Each structure stands twice: as structure tokens, then as C-alpha cells.
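Report on the following structure.
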Amino acid sequence: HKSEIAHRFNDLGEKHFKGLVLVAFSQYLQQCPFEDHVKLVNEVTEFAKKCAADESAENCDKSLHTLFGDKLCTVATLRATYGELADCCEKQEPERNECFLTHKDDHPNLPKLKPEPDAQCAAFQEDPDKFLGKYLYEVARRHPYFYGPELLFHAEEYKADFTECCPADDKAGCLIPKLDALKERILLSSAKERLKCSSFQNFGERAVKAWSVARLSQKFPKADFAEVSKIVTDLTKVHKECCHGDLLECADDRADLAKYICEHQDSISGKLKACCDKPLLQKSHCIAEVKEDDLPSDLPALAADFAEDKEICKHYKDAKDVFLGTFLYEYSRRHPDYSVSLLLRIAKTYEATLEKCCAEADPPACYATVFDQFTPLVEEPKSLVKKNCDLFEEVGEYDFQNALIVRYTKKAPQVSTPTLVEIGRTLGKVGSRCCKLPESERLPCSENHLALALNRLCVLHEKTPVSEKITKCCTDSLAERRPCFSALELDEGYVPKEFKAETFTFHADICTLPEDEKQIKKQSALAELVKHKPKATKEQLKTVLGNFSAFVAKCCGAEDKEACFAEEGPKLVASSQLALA
Ligand SMILES: C[C@H](C(=O)O)c1ccc(C(=O)c2cccs2)cc1
């Protein structure tokens, strides 16, 4: 097709097309006003029409990028708002996108989205086309790497929830429990995808594909290796393009892969029938979040092929990754109770065992026990979520977050306090989700989500490196990240942060904050206590945070709030230093 833009226009349909365009734009330029973005969509949407009707027209034959980054450059206020971003335009393709992507902001500090059960149905009954378009703008900008097509699906979750209850009697009774749940689902999905792009960008395709083979195997244990290799190829391609901004090609390829899975669902999984009865974006969303299919009764003994087989080694020399992928698919198949990372770790301990036993040794008798050189690999993460869910159930989420903040702040006290507080709080939320689960579901729940939070840390740390040791965890190896982080401990050369009184001076302003905001204030206080007394025990810190918390609550109910803070503040600070000896 000589017009790649026409081709995508006819394939995708105007809405989704324009929808993917707004999102493409809200991601590349994140603090441009909304109707500013809207305009840009039309100017490209319009061009696609001329080609859809006549491909031979000039400029219809050029790359989507060409025809998109061109549109970015022309816009006004791009330099005075985004700065360095404006520099990328002298560049050409392929480097222009390269450069643009660089300047996507993973920590934008734009203000929260407040759920307004009265005041926001104003735009709902007013105009759908700008209430959905708003939300897509509003989420794309706070998540520059969000899975392009999954967003259009969330938007229609947004649409349908006001539907059920905007003029309804008890407004925020039906609504706010929904938008809240949703808010969560966005952040998780954003974290899942950020990790897919983070892996392309740090470790290349080979890492994404092993991850997928592992994960689709667990999901579709009934499919066979060539069904799975097939889907993994198409699916990796789809995410490679999404992470590179080519949303249009990303969505088209996604539709085709949904179409494929649905046509062959009978040899993939019986969990797919429900997905396959749906409209497009629901169908794609549904496939991507499908539950793991039941294991097949005929599952063969792993032992023969990979333990008791007489000749495993020529297979290697000739079939390098191909043979490994086989192991990975067969192991992952019957272990829905392992995290993806644990599986890749085992698969590295086959490409490991197999090098020793076969080459420069006599294979069959020493590797006939390889399956037990994994039980250490398994016991470790099991003990770990054991401890941490014991701790969690014992003390609860806020105090679990507090512990992780302390734990992580000793590991890397050089990291800024907002980041420490974010990872601490994110890790604690994992505890909520993953510890209640049947205890065969919590290792994969926990460690898979741990992968997301850690990757978030690593992305922040990519923006502002402060510790060579973090850098080693984030970049040495994908499969080993969590182990690496578990190994960090307080640097014995660390010099405690010089004590700053201002840093624990509270005022009556903290009384108006919503509670999530009060907690962060406290939890930051907590990181800062650690950064200044890094050797204090978790038990001591708990006491001192107890006292700061009582002091806040007390004074926030005082008549002279501010003279309360004035008079009690400093006493506490002096008394706190002695307590943290
Ligand atoms: C990597 C870090 C560590 O131990 O250094 C860590 C390891 C494991 C966990 C952990 O198991 C959980 C948090 C929430 C539910 S389970 C939390 C943090």
C-alpha cells in the first residue's frame, strides 16, 4: 500500500484513529492544553482523508513518523513550554522520534484527577466527544508510555460508568466506588506496560520474548509450542511498535492478533470464548487479561525430555535459543504458581546446568538431577513473600508501607524522598493485593507486581541517577532485578544527612490536606528521619513517628492551631533526636 496513512485510516476507523491520535499527542506533549491537542488531531485526520480517496497525492507516500513529527514541530509554544523538545526538530528520521521519546516525562507532577460526582457530569451531559476526549488527554499525559490501544478501552469504561449513575439519586454512592477502582486499574496497566518498554529499551527483544513465552505458556498451557511461538512473535511486534509511538501500526497489528486468537481459540484455551464474543477493544482487553487455563491431564513427565534423555547436548549446539524456548515453554506450562521472573531464572539455570554437564564433562548422570538445582531458586522467593506477608498481615498496609520506606531508605538514602515514599507505598499496596490470595497464587502475584514497582524505581533513577548500586540492579539483568535489590544494604560509608530543623517543622496547613496527602507528609518525615539517623531501629522510628503523628492530630484540633504547632513543634524535634540515638 503506497499510502501507509490511508492504509491505517481505512483499517482503524475514524474514532479509534482520532482516538489513537489524541493519545499519541497527549503523550508526546504532556502539558499542552486540551483543545490545543484536539486541533492537531484534525489537521492530521484531515490529511488521511485525501490519501484514503487518492493515494497518488504527494506526501501521502511518506512514513507515519515523517507525517507526525512534522506536525509536532510546527506547533506554537512548543519551545516556550517544552524547551529541549523543540531541539529535536532539526533532527530527521530515524533520530527525531528517538529524540522525542527521550523527552517523555515519567514523573510529570501534574495535579491529581479529582472524582467530582456533581461537577464533572457537567461536561458529560454537555458533550461526550470532549468528556471522553478529555479523559484520554488526561491519562495519556500522566503516563507517556501507556499502552495506546488499552487506553481507548479504559475511556469507554469511563463513559459507561457515568451512564449508570450521573442523574441517579445517590450520586457518589454508585459512582466514586467505580472511578476509584478504575484509577487503580489504570496505574497497574501503566506499570505493566512501562515494564514492557523498559525491557526493549534496556535488554532488547530477546528479553521481551522469553518473558512472553514464559507468561503465555502459563496462561495457555494447552496450546502447543508453535501456537505459542506464533502468538509471542506477533505480540512482541505489537508492543515494540507501541513503545516506539507507532500507535497506528501498533493497533492494527493488535486487532489482527485478536482476530487470530479468536479464530484459533479452540486450540489455545477455553477461557477465550467469553473474550471472543465481545466488541473489539473489549475483546483485545479481555484476551490480554484472560485467566490461566486449566492444565491438561496428559501433561508429560518433564523428566525424560530434560532429565532422563540420553542425548540433550547435540540438540543445544544445533538448536540454541530454540531448544531453550522449549524448556521454558514446558516448565512454565505446568507452573502457574511461579512468577515469570522465577521462571526465567530457572531457564538461565538450564543454559547454566547444560553448559557444565554436557560440554567438558559426561552429561547423563550429573544433569539427571538438574530439576533440584532449582529448588533453591524456588525456596528463596517463597520464604521472602512468607516473611513479608507475615509482616503485612501482622501490622497492616500503612505500617507495612512505613516498614518498606524504612527498608528502602537504608538501602538507598541518596534517593530523593518522594521516590522512596512512592516505592514504599507502591510496594505496600502489592501486599494488600497479593497476600490475601490463596497461597499458591501469592508468589506469582507478589513477585510479578514487585517487578513493576522496581521497574518504576529504575525509571525514575534513569532520569536522575544518584547511586551506582541501583544502576547495577536496574541494568545488569531483568530476571535478577529483585534478587539484586534484596541484596542491597545500608552503605557503611554513608554520611547521615546534615540535620535540618525546617524539615520536621509542621504548620497548620497540614490540617486541610486529604488523608492520602497527610500520610505522605508523615511518610516523608519518616524517610527523612532515616536519612539523618540511618542506624535507628525500625522499632525506634515507629515510636518517633507515633509521636509526630500524635503531635499533628493534637494541634490540628487546637483552637490556636498555629500557636500549638509553634509551641509543641520544637520540643518534639529535640526529643526525637534523642530518641533515635
Ligand atoms: C526487594 C525488597 C527487599 O527485600 O529488598 C522486597 C522484597 C519482597 C517484598 C515482598 O514480598 C512484598 C511486598 C508486598 C507483598 S510481598 C517487598 C520488598
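Chain A residue numbers are taken from the PDB entry; in order, the displayed residues are 3-583. Excluded from the calculations below are hydrogen atoms, water molecules and symmetry mates; all remaining heavy atoms, backbone and side chain alike, are included. Read the numbers this way: they start at 1 and go in the same order the structure lists the ligands and their atoms.
The drug or candidate drug modeled at ligand 1 is (S)-suprofen. In this structure, the main binding partner of (S)-suprofen, as named in the PDB entry, is Serum albumin. Heavy-atom distances between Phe402 and (S)-suprofen reach below 4.0 Å in at least one pair. Counting only non-hydrogen atoms, the option in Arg444, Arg409, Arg483, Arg484 that gets closest to atom 6 (C) of (S)-suprofen is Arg409.
Every atom of (S)-suprofen with a heavy atom of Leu386 under 4.0 Å away is listed here by number and element: 7 (C), 8 (C), 11 (O). Close approach to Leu452 involves these atoms of (S)-suprofen, each under 4.0 Å from a residue heavy atom: 7 (C), 8 (C), 9 (C). Those atoms of (S)-suprofen that come under 4.0 Å of a heavy atom in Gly433, given as number and element, are 14 (C), 15 (C). (S)-suprofen is approached by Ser488 to a heavy-atom distance shorter than 4.0 Å. Protein heavy atom closest to atom 10 (C) of (S)-suprofen, with residue, atom name and distance, is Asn390 ND2, 3.4 Å. Using a 4.0 angstrom heavy-atom cutoff, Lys413 counts as in contact with (S)-suprofen.
Residue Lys389 does not touch (S)-suprofen, judged by heavy-atom distances below 4.0 Å.
The deposit credits the origin of chain A to Equus caballus. The closest heavy-atom contact to atom 2 (C) of (S)-suprofen, among the options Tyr410, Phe487, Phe394, comes from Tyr410. The set of residues with a heavy atom less than 4.0 Å from (S)-suprofen is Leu386, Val387, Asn390, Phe402, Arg409, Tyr410, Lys413, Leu429, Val432, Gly433, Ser448, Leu452, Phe487, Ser488.
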